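Here, methotrexate is shown bound to Bifunctional dihydrofolate reductase-thymidylate synthase.
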There are 2 protein chains.
Amino acid sequence: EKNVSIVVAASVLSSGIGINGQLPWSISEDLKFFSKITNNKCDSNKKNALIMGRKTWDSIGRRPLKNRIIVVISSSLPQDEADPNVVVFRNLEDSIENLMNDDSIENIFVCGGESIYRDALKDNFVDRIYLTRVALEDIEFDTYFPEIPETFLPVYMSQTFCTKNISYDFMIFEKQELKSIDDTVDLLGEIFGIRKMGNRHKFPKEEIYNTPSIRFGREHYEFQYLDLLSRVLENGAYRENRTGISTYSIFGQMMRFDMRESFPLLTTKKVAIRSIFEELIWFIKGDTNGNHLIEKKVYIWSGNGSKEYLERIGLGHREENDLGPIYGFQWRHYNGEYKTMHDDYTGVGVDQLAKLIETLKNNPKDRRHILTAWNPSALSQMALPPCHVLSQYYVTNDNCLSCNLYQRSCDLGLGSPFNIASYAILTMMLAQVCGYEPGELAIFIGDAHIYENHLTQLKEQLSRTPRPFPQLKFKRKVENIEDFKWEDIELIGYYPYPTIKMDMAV
Amino acid sequence: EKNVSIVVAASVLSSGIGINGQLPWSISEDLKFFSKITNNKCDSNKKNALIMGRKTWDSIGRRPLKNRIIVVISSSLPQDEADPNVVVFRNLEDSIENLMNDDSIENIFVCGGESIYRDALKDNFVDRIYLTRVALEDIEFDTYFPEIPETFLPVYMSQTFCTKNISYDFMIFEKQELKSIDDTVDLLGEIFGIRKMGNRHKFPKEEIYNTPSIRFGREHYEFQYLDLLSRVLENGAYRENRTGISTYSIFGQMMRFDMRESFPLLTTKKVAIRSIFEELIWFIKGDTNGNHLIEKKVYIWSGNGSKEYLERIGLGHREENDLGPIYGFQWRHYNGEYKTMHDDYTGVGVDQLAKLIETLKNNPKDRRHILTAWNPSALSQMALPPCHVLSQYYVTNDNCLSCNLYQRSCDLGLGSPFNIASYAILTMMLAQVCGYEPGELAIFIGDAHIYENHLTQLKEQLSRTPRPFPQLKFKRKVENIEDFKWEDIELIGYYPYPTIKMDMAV
Ligand SMILES: NC(=O)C1=CN([C@@H]2O[C@H](COP(=O)(O)OP(=O)(O)OC[C@H]3O[C@@H](n4cnc5c(N)ncnc54)[C@H](OP(=O)(O)O)[C@@H]3O)[C@@H](O)[C@H]2O)C=CC1
Ligand SMILES: NC(=O)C1=CN([C@@H]2O[C@H](COP(=O)(O)OP(=O)(O)OC[C@H]3O[C@@H](n4cnc5c(N)ncnc54)[C@H](OP(=O)(O)O)[C@@H]3O)[C@@H](O)[C@H]2O)C=CC1
Ligand SMILES: CN(Cc1cnc2nc(N)nc(N)c2n1)c1ccc(C(=O)N[C@@H](CCC(=O)O)C(=O)O)cc1
Ligand SMILES: CN(Cc1cnc2nc(N)nc(N)c2n1)c1ccc(C(=O)N[C@@H](CCC(=O)O)C(=O)O)cc1
Ligand SMILES: COc1ccc(CC(=O)O)c(NC(=O)c2ccc(Cc3c[nH]c4nc(N)[nH]c(=O)c34)cc2)c1
Ligand SMILES: COc1ccc(CC(=O)O)c(NC(=O)c2ccc(Cc3c[nH]c4nc(N)[nH]c(=O)c34)cc2)c1
Ligand SMILES: O=c1[nH]c(=O)n([C@H]2C[C@H](O)[C@@H](COP(=O)(O)O)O2)cc1F
Ligand SMILES: O=c1[nH]c(=O)n([C@H]2C[C@H](O)[C@@H](COP(=O)(O)O)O2)cc1F
C-alpha cells in the first residue's frame with residue numbers, strides 16, 4: 001500500500017494535453033518538473049514506477065527514463081523481459097501490481113494519455129494529481145484530460161511562470177477521505193474582547209474564502225487581492241462616507257505581486273485593460289482634460305467630472321470635464337499655478353517624472369526615487385484628492401525595478417483592480433526607458449473598503465478559482481515614456497472569467 | 001498517562017509570585033485565565049485535578065474550586081473524605097495518582113507555591129508550563145518561581161495586555177523530547193532560481209531568528225520588528241549608498257503594533273524615550289533649529305547638521321545647525337518660502353497639523369486624514385529629505401485612532417526604533433486632543449536596510465527573548481498639542497535589556 005499520483009500538463013480551459021501524437025507546446029521547465037516529481041523518493045534502494053499508455057510510450061521515443069521503471073499499457077506489445085526498466089501489462093488493473101508486491105517500488109505515477117487517465121479515475125486508483133495548467137486555448141487538440149471528479153480538492157496553486165511568453169501554473173489536487181496553542185489563544189480571545197488585536201483581525205470564514213481547500217499553498221499572487229476581499233467581508237466596519245453608498249472598511253493592508261514571470265491582471269473577472277492604459281498614459285502626458293478620455297471611449301472619470309458633481313463640491317466655475325490639478329499635473333508640473341485645462345504648462349512646476357527617470361538610470365541605488373501627488377496647496381482645486389498618493393521605486397542588484405505604492409483609499413470593487421494593473425504597466429514603462437526588467441509590486445492600503453452595492457458581485461467573484469496571470473510585452477522600444485501607444489501593448493494568454501458589472505459611487 | 005501542566009504568574013525579571021501569604025498584584029484577567037485554562041477539558045464526564053501546596057490552599061480561603069478537584073500537599077492536614085472536591089496527600093509523588101488510576105481525571109495542573117513548583121520540576125513530572133509574566137519588579141517578594149530548566153522551550157508568547165497600568169504577557173513552555181506541498185515548492189525552487197518570487201523572500205535561518213522555538217505563537221508584536229531584522233539578514237542585498245557605510249537592503253516590508261493595551265517601546269534594547277519625545281515635540285512646534293535639541297542634550301541631529309556635512313551637500317551658506325525646511329516645517333508651514341531658522345513663519349504656508357486635528361474631530365470617518373512631508377520644491381534646501389514621508393490617520397467606529405506611516409528609507413539599527421515610538425506617541429497625542437483612544441500602528445517601509453557596522457550589535461539584540469511592552473500614559477489633559485512636556489509623560493513597567501551602542505552614518 002503506497003501512493004499513486006497523476007502527473008499531467010493540460011490547457012487552462014479545455015484541458016487539452018496532446019495533438020497529432022505529440023505535445024501542443026514546448027515548455028522546458030515543465031519537463032524538468034515531470035523529472036523531479038517522478039524521481040522524488042525516500043529510499044535510495046527503491047525506484048518509482050511510471051504507468052503510461054502505448055501511444056505515450058511511442059511519443060517519448062520508446063526509450064527508458066533514468067532511475068525509473070516505465071510501465072506500458074498495451075494489448076499488442078510483447079511482454080519483453082530483456083529490459084528491466086520497461087515492463088508491459090495488458091490492462092491498467094493488472095498493472096497495479098507495484099502495490100501487491102515488488103517492495104522495491106516506493107511510489108507510483110500515472111503519466112499516460114487520455115485513456116489511461118480516464119480509466120485510473122474511473123476505477124478510483126488515484127490519490128494525488130499534479131496538474132500543470134498551460135495558458136493556450138486557441139489551438140487544436142485531439143487528446144484531453146478528463147474532468148477532475150468531485151472527490152478531489154485543490155491544496156496548492158503556485159505562482160504564474162513564463163516560458164516563451166506562455167503562462168503556466170502548478171497545482172496539487174488531493175482526494176478527501178499542537179492544539180494547546182490554539183486553545184490558549186481562543187481562551188484569551190474569550191477573556192479579552194476586542195482588546196486583543198487578534199479579534200480585530202479575525203480569519204475569514206470558509207463561506208467568504210476563495211477556494212477554501214487551499215490552506216497552505218496560496219502561492220498564486222491573485223490571492224493577495226482575493227484574500228483582502230475576504231478580510232474585509234470578515235472584519236469590515238459599516239461606515240458612511242461622502243457618497244450616499246456606505247462601505248465596509250478596515251485600515252492598514254498590503255498586497256504583493258510578481259512582475260518578472262507574469263503580469264498581475266486579475267483572472268477572476270474580465271478587467272478593461274485598454275481603459276487602464278489610456279488612463280495611465282493620460283497621467284504620463286501631464287493631461288487633466290477629462291474629455292480626452294471620453295473621446296477615446298473611456299468613461300471612468302465621467303462621474304467625478306460632471307457639471308452636477310463639480311458644482312456640488314464647489315467648483316461650478318469650472319468647465320464641464322476640467323478635473324483640475326490631479327494625477328499627471330503633480331507628476332509633471334508640481335506646485336504649478338493651475339488656471340484651466342487649456343493653458344500651456346510646459347516649463348512651470350517641478351517635473352517629478354522627468355527627474356525620476358533621470359535619477360533611476362544615473363543613480364540606481366539611490367533611496368529617493370519617489371513620485372508623489374499629495375499637494376496640500378492644490379487639494380481645494382482638485383475634483384478628487386489623490387487616492388494612489390505616493391509611489392517609490394527601487395533598483396535591485398540584478399537590474400530589476402520594483403515599485404511600492406501607498407493608497408489612502410481603495411475601492412476594492414472597481415479602483416483596486418485598476419490600480420494594480422496601472423502601476424504594474426507604469427513600472428514596466430519606467431523599466432524599459434531606464435534599461436531594466438520588471439521586479440515586484442507592493443501596494444500598501446489605508447482605508448480598504450467595499451461598497452455595499454458590490455456585495456453580491458464580489459461574492460460571485462470569490463466563487464471563481466483563479467487562473468494563471470497573463471503576460472504583457474511591449475512591441476517596440478520607445479525613446480520617450482510619452483510615446484507609448486495602445487497598439488504597442490501585447491496581452492498574451494489572458495483567459496479571464498466573464499466581466500462583472502459594478503456601479504461607481506460618485 | 002495524561003498531561004501535567006504548571007500554571008503560574010511570576011514577575012518578569014525576578015520571578016516573584018507571592019508576598020506575605022498573598023499575591024503581589026491584583027489582575028482580574030489573569031484569574032479568569034487560571035479558571036479557563038484549568039477547566040479546559042475534552043470529556044464532560046471527567047474533571048481536572050489542581051495540585052497545590054498547603055499555604056496556597058490557605059491563601060484561597062480553603063474553599064473548593066467549581067467543576068475541579070483540588071489536591072492539597074500537606075503533612076498535617078487530616079485526609080478528610082467528607083469533601084469529594086478536596087483531597088490531601090502527604091507528598092507530591094504520592095499525589096501523582098491521577099495517572100496511576102482515577103480515570104475520571106483528564107488533566108493535571110500544578111498550581112502550588114515555590115515548594116510544589118520546585119519539587120515538580122526536580123522530579124521531572126511537568127510536561128507544559130503556562131506562565132503569566134507580570135511587569136512589576138521594584139516591590140518586595142518572599143516566594144519565587146524556580147528557574148525553568150533547559151529541557152523546556154517556549155512555543156507561544158501573547159501580545160502585551162494592560163490592567164490598572166500593569167503590563168503582562170502569556171507564554172507556553174513545552175518539554176522537548178503535508179510533506180507533499182513542501183516538497184513540490186522545493187522542487188519548483190530548484191528548477192526556477194530567483195525567477196520564483198519565494199526564493200527572493202527566503203524564510204530566515206534558525207541562527208538569525210529570534211527565539212526560534214516559538215514557531216506558531218509569535219503573537220507579541222515586538223516580533224514584527226525582530227523578524228524584520230531576520231528577513232533582512234537572510235535576503236538583504238549588499239549595496240552602497242551616499243554614506244561610506246554599505247547596507248544590506250530589501251524592499252517592501254511592513255510592521256503592525258497595538259496601542260490599546262501597551263506602548264510599542266522595544267524591550268530587547270534600552271531605547272532613549274526622552275530623546276524620541278523631544279524630537280517629536282520639536283516637529284510639532286514647527287521648529288527647524290537644530291540647536292534647540294542640542295540645548296536639551298539631544299544629539300540625534302548633530303551629524304546631519306554639522307558645518308562639514310552642510311558644506312559637503314552644498315549648503316555652506318547655512319548657519320551651523322540650521323537644518324532647513326524639514327519635518328515640522330512641512331507640517332506647519334507647507335509650501336512656505338524658507339529663509340533661515342530665525343525668521344517668523346506664523347501664518348505662511350499650509351498648516352497640515354492644525355487642519356488634521358480640525359478634520360479628525362469634525363469629520364472622523366473622512367478618508368483624507370493625511371500628513372505629508374515630501375515637498376519636491378523644497379528638497380534641495382533640506383539637510384536631509386524626509387524618511388518617514390507620509391502618514392494617514394483613521395477613526396474606528398469605537399472611537400479609536402489608528403495610524404499608517406510610509407517610510408522610504410529605514411535604518412533598522414537606529415531610526416526604526418525611534419520611528420515606531422515617535423509616531424506611537426504622536427498618535428496618542430492626536431487621540432487626546434481629538435477625544436479618542438489609541439488604536440493600531442502600521443508602518444510600511446520602502447528601503448529596509450541594516451548598516452554593516454551594526455551586524456554584531458543587531459545579532460546580539462536577536463539573542464534576547466522579548467519582554468512585555470510597557471505602558472505610556474499622560475499625566476494631564478492638554479488644550480493644545482503644542483503644550484506637551486516631557487514631565488507629562490509617565491512610562492510604567494519598562495524593564496528592557498541593556499542598551500546597545502551603534503554609530504550613525506552621516
Ligand atoms: N500533457 C501531458 O501531460 C501528456 C500528454 N500526452 C499526449 O497524449 C497523446 C497521446 O495519448 P493518447 O492518444 O490518449 O494514447 P494513450 O497514451 O492513452 O495510449 C493508448 C494506448 O494504450 C493502450 N490502452 C489504453 N487503454 C487500454 C485498455 N483499457 N486495455 C488495454 N490497452 C489499453 C492501447 O494500446 P494498444 O493499442 O497497444 O492496445 C492504447 O492504444 C500524445 O499527444 C501525447 O503527447 C501523453 C502523456 C502526457
Ligand atoms: N503567582 C502564582 O501563580 C501563585 C502564587 N502563590 C503564592 O505563593 C505564596 C505561598 O506559597 P509557598 O510559600 O511556597 O507555600 P506552598 O504553597 O508551596 O505550600 C507549602 C506547604 O505545602 C506542604 N509541602 C510542601 N512541600 C512538601 C513536601 N515535600 N512534603 C510534604 N508537604 C509539603 C507543606 O505543608 P505542611 O506544613 O502542612 O506540611 C508546606 O508548608 C503565596 O503568597 C501565594 O499567594 C501561590 C500559588 C500560585
Ligand atoms: C511526451 N511526454 C509525456 C509528458 C509530457 N509532459 C508532461 N508534463 C506534465 N506536467 N506531466 C506529464 N505527465 C507529462 N507527460 C514526455 C516527454 C519527455 C519526457 C522526458 O524526457 N522526461 C525526462 C526529463 C527531461 C528533461 O529534464 O527536460 C525525465 O528525466 O523524466 C517525459 C515524458
Ligand atoms: C491565590 N491563588 C493562586 C494563584 C493566583 N494566580 C495565579 N495566576 C496564574 N497565572 N497561575 C496560577 N497558578 C495562579 N495561582 C488563587 C486565587 C484565586 C483563584 C480563583 O478564585 N479561581 C477561580 C476564578 C476566579 C475568577 O473567575 O476570577 C476559578 O474558577 O478557578 C485561584 C487561585
Ligand atoms: C469591474 O468591471 C468593470 C467594468 C467596466 C468599468 C468601466 C470601464 O472600464 O470602462 C470598470 N471600472 C470603472 O467603472 C472605474 C471607474 C473609476 C475608476 C477610478 C475612479 C475615479 N473616481 C472614483 N471614485 C470611486 N468611488 N471609485 C473609483 O474607482 C474611482 C476606476 C474604475 C470596471
Ligand atoms: C540604539 O541605541 C541608541 C542609543 C543612543 C542614541 C542617541 C540618543 O538617543 O541620544 C540612539 N539614536 C541615534 O543615534 C539616532 C540618531 C539619528 C536618528 C534620526 C536620523 C537622522 N538622520 C539619520 N541618518 C541616519 N543614517 N540614521 C538615522 O537614524 C538618522 C535617530 C536615532 C540609539
Ligand atoms: O484610483 C483610484 N482608486 C480608488 O480606490 N478610488 C476610490 C476610493 C474611494 O472609494 C473613492 C474616493 O475616495 P474618497 O471618497 O476618500 O476621496 O475613489 C479612486 C481612484 F481614482
Ligand atoms: O527617521 C529616520 N529614520 C531613518 O530610518 N533614517 C535613516 C534612513 C537612512 O539610513 C538615512 C537617510 O536615508 P537616505 O540616505 O536615503 O536619505 O536616515 C533617518 C531618519 F531621520
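Labels below follow one simple rule: chain letters A, B, ... track the order of the sequence lines, proteins then strands, and each chain is numbered from 1. Values below: every heavy atom of this structure, side chains too, minus hydrogens, waters and symmetry copies. First listed ligand is number 1; within each ligand, the first listed atom is number 1.
- Counting all copies, methotrexate can be found at ligands 3 and 4.
- Going by heavy atoms, the other chains that come closer than 4.0 Å to methotrexate (ligand 3) are A.
- Around methotrexate (ligand 3), within 4.0 Å by heavy-atom distance, are found A:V7, A:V8, A:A9, A:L23, A:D30, A:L31, A:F34, A:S35, A:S59, A:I60, A:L65, A:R68, A:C111, A:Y117, A:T132.
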